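Drug present: vinblastine.
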Amino acid sequence: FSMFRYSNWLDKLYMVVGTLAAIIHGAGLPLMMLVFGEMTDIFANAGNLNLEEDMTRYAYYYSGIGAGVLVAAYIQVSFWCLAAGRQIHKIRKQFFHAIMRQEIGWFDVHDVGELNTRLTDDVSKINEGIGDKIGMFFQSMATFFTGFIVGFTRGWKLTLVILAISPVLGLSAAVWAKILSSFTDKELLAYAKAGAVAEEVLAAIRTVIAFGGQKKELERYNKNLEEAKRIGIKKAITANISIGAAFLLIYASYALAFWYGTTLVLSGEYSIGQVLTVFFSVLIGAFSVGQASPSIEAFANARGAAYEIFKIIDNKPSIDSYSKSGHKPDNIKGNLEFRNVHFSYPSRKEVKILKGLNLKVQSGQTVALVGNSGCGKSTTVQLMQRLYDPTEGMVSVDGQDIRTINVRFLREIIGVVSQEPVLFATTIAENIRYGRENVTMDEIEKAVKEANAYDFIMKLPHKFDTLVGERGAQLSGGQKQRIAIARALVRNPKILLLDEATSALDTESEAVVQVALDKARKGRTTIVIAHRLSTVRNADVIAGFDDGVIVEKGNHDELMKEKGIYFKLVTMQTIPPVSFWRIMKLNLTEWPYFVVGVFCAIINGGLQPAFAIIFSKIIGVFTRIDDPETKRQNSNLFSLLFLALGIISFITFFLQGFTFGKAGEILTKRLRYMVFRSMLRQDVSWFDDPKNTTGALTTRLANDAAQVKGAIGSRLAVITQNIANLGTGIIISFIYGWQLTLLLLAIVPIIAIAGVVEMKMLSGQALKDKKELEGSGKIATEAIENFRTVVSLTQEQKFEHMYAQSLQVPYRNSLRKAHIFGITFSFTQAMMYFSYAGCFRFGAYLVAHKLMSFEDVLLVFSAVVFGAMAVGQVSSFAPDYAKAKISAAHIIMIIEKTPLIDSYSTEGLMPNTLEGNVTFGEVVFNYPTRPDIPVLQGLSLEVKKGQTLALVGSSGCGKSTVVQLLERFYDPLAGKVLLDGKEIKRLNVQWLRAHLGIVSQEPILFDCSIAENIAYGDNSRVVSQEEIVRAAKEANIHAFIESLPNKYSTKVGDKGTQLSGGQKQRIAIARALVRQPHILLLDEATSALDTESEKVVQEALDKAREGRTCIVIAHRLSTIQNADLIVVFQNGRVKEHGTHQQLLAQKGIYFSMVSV
Ligand SMILES: CC[C@]1(O)C[C@@H]2CN(CCc3c([nH]c4ccccc34)[C@@](C(=O)OC)(c3cc4c(cc3OC)N(C)[C@H]3[C@@](O)(C(=O)OC)[C@H](OC(C)=O)[C@]5(CC)C=CCN6CC[C@]43[C@@H]65)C2)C1
Ligand SMILES: CC[C@]1(O)C[C@@H]2CN(CCc3c([nH]c4ccccc34)[C@@](C(=O)OC)(c3cc4c(cc3OC)N(C)[C@H]3[C@@](O)(C(=O)OC)[C@H](OC(C)=O)[C@]5(CC)C=CCN6CC[C@]43[C@@H]65)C2)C1
Ligand SMILES: Nc1ncnc2c1ncn2[C@@H]1O[C@H](COP(=O)(O)OP(=O)(O)OP(=O)(O)O)[C@@H](O)[C@H]1O
Ligand SMILES: Nc1ncnc2c1ncn2[C@@H]1O[C@H](COP(=O)(O)OP(=O)(O)OP(=O)(O)O)[C@@H](O)[C@H]1O
Ligand SMILES: [Mg+2]
Ligand SMILES: [Mg+2]
């Protein structure tokens, strides 16, 4: 995959013209430097002695080359970006077409989300990897070679030494980049412990809040943050040392080159202009190669990904849903013959589900299926639709094999109502019309009437226009089934397969659905897989599938007389803003560091005007007319000075780095600490919201250093360095004349913006496109995750056309952005050449009257222009400021958060002793996530000291909500709750959490030692190993722990992978019992555990029941039998209360549950 461009045979003209334009543009700059050297030489010759004519001629040369540069740059960038846009459009369209056309098995194998992220990331990477980067690389190569050519043709010795020095700097920069990358990877690795701890704690937020173990997790995260801080400080020091060494090497090379050139010219060789042009061209060539480092790498970054994408296009599917070569029968009579159907799913090919079966079905035969859970009746259903292919068998209709007919046409005549129908997020009318494009409003009404969906469909607003919510959120359990049935019927299917037709909420609509389905069956063959036998009785025939083969056959009476498995089954069943002054939170911790950093930044910035002054003096050495030998010595004084400056730079930068990094890491630590603390000292409701997801929160806490540290330190560093450099240059220039200084000030801004934009053109080329790509994202994703239904009804054509339109809508935007980027880049490039021309023409005109010496004019020009270029480059170098500012605003918002239930708060009551007598009255509460769904209906409970209460009812009554409110996770909307006649709100939060104990319905265990895991139940006190052993004996886990290796030292794995689920539940129960809470709550303690284990847990609870109020929420009525009191929930309202014997005497809802 070295040449992965294949589209728009006429687009290659764009690529070729762009390549030529890039070559000529890169070659131009060395020509500009050559004419600059010639102009300097002629100016020096004039100074030694009509200069106006020569100055005008060279100004015209500058103007012509600048116009050529503008045209070439526009052609290059515009054409290359045009080609990139066209290629990316074609690639995305083809890739989506291939994905939709792919076979079902291939999708079932690979993760669908993986495929979606592959699509988006790979296409974005390819977009970044061609067009702009290719043009930049060709420009860099052309500049390299042309500069070397200019140096050689106008130099024989100085060019050689410059070229030989160049690889030293190149290798130094390469090794610096390599070490920086490796150490950045190491630093990333250094956050593994912190990331894991944060993820585990956030996932266990509920349990940790219940146990009040914030301090230990915070300390662990603090240790991890300290390690990461050391790593980051080392990283920053290394990077700053590398940059300083690069600058030192550059200045050493410049000093050596200028010294050698001065010696050579003093020997009588080529004059100063030749030295200047040769040196500048050599440096341009030697440093242009570095500009190519991203492009090629980006190409590689865009290379491998492309490979993978192409593979997906390459694979021709076994079942081409888009192919039309398949035969198309004219009249399709209802008749099915599946003989020796043997097959298995390639996802797990080891297990063979289909082992050959015989099934002959006539027209309009409601052949029901009977078997066991997982017997493979849904495999027979799937194989019926021709999605897969039998390993060895024959499925035919009307004597013709399934493969003998076109897949699309064959699937069109066959409708399937899956167990979990999915409706696309379109209009209900569009949902119905998905069956066939040629569907009229009258047909839609007829289908609605047949499905008996007229009431539900028309009652809501927009009867034929309502947009179905994501995954039918607005729809109902039976509404989706009715809509699917109507859509299936809209296609006039010949074979209708059904699976779990109305197994969603009840059978009220099931009767209507069955009546509608059975209304028309003469021509439309039917197959049904219904768990309920109600419709089985009316079934024309019933086939019993077992061991991958049909066993039972015949009518219901025949099956009953045959003593089949079906007979036994029937018998049994019957945008906050930001602020800088406010964001100055590092001053307290960096009062003496920021000052040194600013001082070093000022010195580094002033280094540039020092270079300008030194270079101007060096040129003036020969610009002078005295021409003594002393100049040689003077030249040395200048030449050596160069080296000195470099050394100073190498110091300051290093001294800067250790400062800046030290300023950063500290904050990076503190924030990472503080934010995490602020995360724990918050209410659960804050964690209960779409915004706060564990992944989002942990990423925000993880990728925050680079933003806050950037915006704080780097902003000040770059601002100080830039003000130093540019202001010093401006003042020094104004000292040496002002008119030329005024013109150069006028032309500085274009230079600065050009530098900034060109620097940004490498990395941040593609950052705003996604905001439009999402317009198709959903459309693609909706067709990937929910692809089974789409392939079922053959609706890929509409999805691909919609994808085409959604790509077209931003395609014009992409074209326009390409054009504007090209135009602005070309104008930016031409700006420098125009500035050179105008400024030097003005300087020549001024010096003609002896107003200012040529040396002064050159000094001002160099100072101001080089300062503009330096500010552009350095401003581009620093991290982006907007993203950093918004991230810092988010961090400030998080850290400043004030909760409704603050654990850290010391305001509250801390009673010495309590009887644990709970009294809740008129308890009203709603979940802040969905306040429009109240769960509490004014409960009334009064549990006395040493009293056991149990909660029963139907799922969804909020049983777990009672426990949640007991721990004071959520404040009550209304009602009074008192533990021994004391207001809950007035009571302390930490004391309440410690004194009480709970057992999670879904217990989780951290990746800690068994002893440590058990001890984590309690906090703020050292638990002796003897206490842990006694508690384990309480839960009957001491012997189990001893049996396993390491005893309690056995490091429990993540979620206790090694340990059994029942073992994890027992460990959680033991941890809860360690604190010996007065009030203990177990929500489905049994749940999934050994019956003997549940009995042992109940016995252990009873042993400590005395003086320990207990609450139990479990489905095992046997445990509730001995419960002191039982309360049955009725939609959040308690119906009956009292002892179990009283409940038995007072028959009611519980009576049915006990019998059930
Ligand atoms: C004329 C073109 C060029 O000279 C090319 C680079 C950038 N500038 C000139 C000055 C310069 C360079 N580096 C600077 C750092 C701070 C301030 C200025 C510079 C330049 C260099 O060292 O002079 C020879 C350079 C730059 C980079 C550079 C190497 C380099 O020296 C050749 N790296 C290749 C990239 C880089 O992003 C990368 O991915 O390395 C693979 C790299 O990151 C790493 C991993 O170190 C790095 C640090 C050197 C990171 C942040 C900024 N990016 C920009 C590109 C990259 C650099 C050379 C213009
Ligand atoms: C249209 C915007 C712009 O292209 C921006 C820069 C300036 N001009 C274009 C011409 C240009 C650039 N460089 C030239 C060298 C010789 C002749 C012409 C140029 C430009 C570039 O490299 O594009 C390929 C550039 C120039 C520099 C430049 C960056 C730059 O863009 C890559 N640097 C800011 C300085 C520089 O001296 C410096 O950073 O250290 C002091 C820098 O040295 C380094 C470290 O690369 C360098 C270029 C190698 C060296 C010697 C002379 N100084 C003066 C300014 C500085 C340059 C690009 C206009
Ligand atoms: N598309 C599929 N990909 C992979 N495995 C599948 C697929 N469909 C079914 N299976 C698995 O193959 C076996 C066959 O069971 P299948 O799902 O076909 O039964 P069923 O008739 O739907 O019964 P039930 O719904 O009562 O479990 C099961 O283990 C099932 O999980
Ligand atoms: N964090 C939450 N976000 C959204 N809804 C929630 C949240 N916590 C609870 N709910 C809602 O509260 C109810 C959950 O009931 P709860 O589990 O408290 O009682 P239950 O009778 O023990 O439950 P189940 O019958 O499901 O075992 C559901 O309505 C659920 O939507
Ligand atoms: Mg099934
Ligand atoms: Mg529950």
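Chain A uses the PDB entry numbers throughout; the residues present, in order, are 37-85, 106-630, 692-1273. Indexing begins at 1, ligand by ligand and atom by atom, following the structure's order. What you see below is based on every heavy atom in this structure, not just the backbone, and it leaves out hydrogens, waters and symmetry mates.
To find every copy of vinblastine, look at ligands 1 and 2.
Looking only at contacts, the largest set of contacts to vinblastine (ligand 2) comes from what the PDB entry names ATP-dependent translocase ABCB1. By heavy-atom distance, the transmembrane segments of chain A falling under 4.0 Å from vinblastine (ligand 2), counted as UniProt counts them from the N terminus, are 1, 5, 6, 7, 10, 11, 12. In the entry as deposited, no covalent bond from vinblastine (ligand 2) to a chain appears.
According to the deposit, the organism of chain A is Homo sapiens.
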